[PDB]
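This file shows Reverse transcriptase/ribonuclease H complexed with rilpivirine.
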Amino acid sequence: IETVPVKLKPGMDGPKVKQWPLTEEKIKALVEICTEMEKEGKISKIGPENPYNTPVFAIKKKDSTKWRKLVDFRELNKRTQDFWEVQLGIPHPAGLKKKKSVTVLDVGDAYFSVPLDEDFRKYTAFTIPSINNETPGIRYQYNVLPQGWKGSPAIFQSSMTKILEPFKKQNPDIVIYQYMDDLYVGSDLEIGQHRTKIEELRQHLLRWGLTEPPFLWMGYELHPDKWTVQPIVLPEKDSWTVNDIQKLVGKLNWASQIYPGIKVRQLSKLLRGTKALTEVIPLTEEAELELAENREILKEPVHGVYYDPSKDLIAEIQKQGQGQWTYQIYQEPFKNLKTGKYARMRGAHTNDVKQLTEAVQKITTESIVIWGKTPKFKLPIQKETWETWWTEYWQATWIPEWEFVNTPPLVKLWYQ
Amino acid sequence: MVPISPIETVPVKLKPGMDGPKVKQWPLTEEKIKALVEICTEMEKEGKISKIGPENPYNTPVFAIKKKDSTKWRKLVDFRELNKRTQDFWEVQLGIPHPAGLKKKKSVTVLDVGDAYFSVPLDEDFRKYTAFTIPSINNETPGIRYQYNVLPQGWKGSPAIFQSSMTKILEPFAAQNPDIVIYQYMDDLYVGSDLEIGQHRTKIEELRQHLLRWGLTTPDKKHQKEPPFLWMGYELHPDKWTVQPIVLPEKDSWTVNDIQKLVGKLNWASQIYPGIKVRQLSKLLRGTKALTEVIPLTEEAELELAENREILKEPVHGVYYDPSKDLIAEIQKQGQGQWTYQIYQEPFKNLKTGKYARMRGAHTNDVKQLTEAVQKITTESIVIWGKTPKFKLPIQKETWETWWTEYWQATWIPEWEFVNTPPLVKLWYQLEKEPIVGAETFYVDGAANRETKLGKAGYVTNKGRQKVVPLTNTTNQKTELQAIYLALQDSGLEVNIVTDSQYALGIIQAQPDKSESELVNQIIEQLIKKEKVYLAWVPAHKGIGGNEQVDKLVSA
Ligand SMILES: Cc1cc(/C=C/C#N)cc(C)c1Nc1ccnc(Nc2ccc(C#N)cc2)n1
Ligand SMILES: [Mg+2]
């Protein structure tokens, strides 16, 4: 009810980010949503003395038919002061990723109940553009904590902890973790029971509300305890061709950058001479032993892997074909913190870019659950293609950072 | 007296840490001073400026300029310093409407709102920074000091504040009259509709009555401007649009500047004249920027210019947008990295045209450029019409399928259909996924000495075929490519090639059909001739037979 003073970081001005082009459907959706938000006092029209801007668009959350406004506060988030005043920061819970079920709720509507520092409001300016720029874009700023701004959960946190207290006290084994507009609620209960607890939780928020959120009813269900990883595996064959052995030596050479004791001396010796690629070469005992020793090495964890919360997470993704995608998350090269593989890319059988967008969202979700932050993606796509399309397929209320890979990596082969 | 609503003031600040201007007034002749005194007395009578006391420390210089072929002086208050110190504003006009996105109108009326401009007050707290001084006759009295009460012409904030003030006033009128459009440009309002002329005139009179609520008068004697309108380099007509006349000059010789201007005109023309090309003319501007330098036109540039003159020989117009219909975009390949397109709704009635040029870079292929063109057109279409056109593309569906399923990057093009108009975009070669049984295996390698630049490239095969060639003025990377080229040259129609060159793999795996490198082009030419090629990579220096032999031969 009283505002928390907020500032930008020293020597930084507000965001001045261009609004990208919006489709007719998204403009119409935003005009309707913002007309309502304005009537409710959440946003106010602004004049030309505010030169700031942040882009806006609209999405549909997974399994919903109602449009949701999504502001891309990435620039404002980078520019906003850090919030350690009351708490150094809320230690990320390592137990969340160990729960049988985690449900993700959109609790962002709650933020609109708290007013935003009057002196900070100008930096939240955004524009609803018109088709062909025929009419002046409709300019607004926030009067209340905005969805998607990193300051919102930080300021609302004392309120959330109090709202959730009776539920936590009644359910001490439930893990609850807030990230931006998301609430992650984890338990080890039978799913039916789990859902009932989730709905109990919604009612606390609902009860508080009437003391109606458009997307709180929804629920994105995860089962992180079953998440699957991808160790390095070598082929098991009865007939090895020269080509097969060449591929194996390549893979092992690569793996030797990750694992110390890998050897290829005896395997390389098999190919002595200048042979046809399709010629079958029997493994010698010495080569079979070296292969076996390598397989054993690859069953052990990578040495010297640790998470440092002060460093960025980096995620690489490879397109493997036939709807399959591999990925790795690391902070230091060759020190993977997680690897994975997807094939279940939903409703995108003839659309690579939709598949990649879904993959990015899934990996970001995994990252939030495991470390409580988003990775910086290295995407196997041309900038222009990605930037034209990703907003068409986006269903999350956060947005990570990304860069583009323009030269094909050889590594694709080693995760295939 | 009928009460009028005030125009809400925009609060204005200087930039952080900046104070207002304190600029010396220049001396003026007695004649100029008398002129400025008269002009300012009238502005004062009109409420535009007010005399101020001696306490205000700010100043901006004022000048008197002679209105050509006249005995009348004009004042000029030079706000350059104040402008440097004034905050940034939101500028609504940055993106201008494209004519092709406009809708046909029966009537468009122009209303002069230049007088309204002076009912927009300047923020009281900012007025002090606009102070100026008329020097006194013979410097024998204090100069007459004034500040502005209204938006000064030439001040940084005036256009944004005027426009925003007018928009705020016009909003309710527009919202409650959805059967008209209103557009402000400079000192005029343009009001368009499809109403019968009597009703359109009624709406204009209603707009005039609305504006009077703020005491804003418009001229009874109707505007001299009427369609067609010359606006932002276009001609707008009630039911079609075009660019203003494009006249390419005749010259006996061309300078850098002439050519920059020529390409500029052609670029502007290309939004409605189909098929305009600028590659060969733009190549002439490479690297050099001495505007007076004379550049001889290449034969290729002369041909391009002649082709453009033929395209421009007579007027072409676009139609406006009918939101009830789909948009269709058709693209053609023109050669040398050039692409052209048309956007239409009904056959043979383009809304607009345009072009795309290949990006600068080492290697490329036609499918990638087509994809890029599609993305450009998509984004342009979202801006102008708020939707993606259906595409008609010169690439077979099977070609596209093969491309995207096998390409290492994610890629997508939106709903499209094949149009069989050559030249068609195709895939020129396709590497094998698996080694070829019965095909000879060539182990290739190259090396160069970094000091002498001497090197060697070659191969050894499982049939005992071998070759090493000594090379001059070369590099490790070039020798690695040369070795692959030799293997392609010397092999049959099916071939397995084993390389340790990560560089060469990175290139070939990108699937180029054209390169800035002649060597890469030679490799591409060979690949096109082959029936089957499998390219295998191995790590260098790892004891791999074949590889180890050839490495020794070329590193010697
Ligand atoms: C952008 C714009 C520039 C001018 C004029 C600028 C100037 N000078 C006049 C108008 C009315 C507009 N606004 C819109 C909006 C939607 N459709 C149209 N169609 C439209 C406009 C003019 C003519 C004509 N003749 C025909 C159709 N105009
Ligand atoms: Mg070598």
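Order of the sequence lines fixes the chain letters, A, B, ..., with proteins taken first and strands second; residue numbering starts at 1 for each chain. Both ligands and their constituent atoms are indexed starting at 1 by order of listing.
Within the model, the positions assigned to rilpivirine, copies included, correspond to ligand 1. Other chains near rilpivirine (heavy atoms under 4.0 Å), by letter: A, B. Protein heavy atom in closest approach to atom 17 (N) of rilpivirine: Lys103(B) N, 3.2 Å. The atoms of rilpivirine that sit less than 4.0 Å from any heavy atom of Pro227(B) are 25 (N). The PDB entry names chain A p51 RT. In terms of protein heavy-atom proximity, atom 26 (C) of rilpivirine is closest to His237(B) O, 3.2 Å. Between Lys105(B) and rilpivirine, no N or O atom pair is found at a separation short of 3.5 Å. Closest protein heavy atom to atom 11 (C) of rilpivirine: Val181(B) CG2, 3.9 Å.
Taking distance alone, with nitrogen or oxygen atoms compared against 3.5 Å, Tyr183(B) stays at or beyond that limit from rilpivirine. Residue contacts with rilpivirine leave out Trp241(B), since none of its heavy atoms falls under 4.0 Å from the ligand. When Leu236(B), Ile182(B), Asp239(B) are checked for heavy-atom proximity to atom 5 (C) of rilpivirine, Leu236(B) turns out nearest.
At least one heavy atom of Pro238(B) sits closer than 4.0 Å to an atom of rilpivirine.
Nearest protein neighbour of atom 14 (C) of rilpivirine, counting heavy atoms only, is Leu102(B) CD2, 3.9 Å.
Within 4.0 Å of rilpivirine on heavy-atom distance sit the residues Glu134(A), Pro97(B), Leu102(B), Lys103(B), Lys105(B), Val108(B), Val181(B), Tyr183(B), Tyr190(B), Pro227(B), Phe229(B), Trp231(B), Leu236(B), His237(B), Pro238(B), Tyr320(B).
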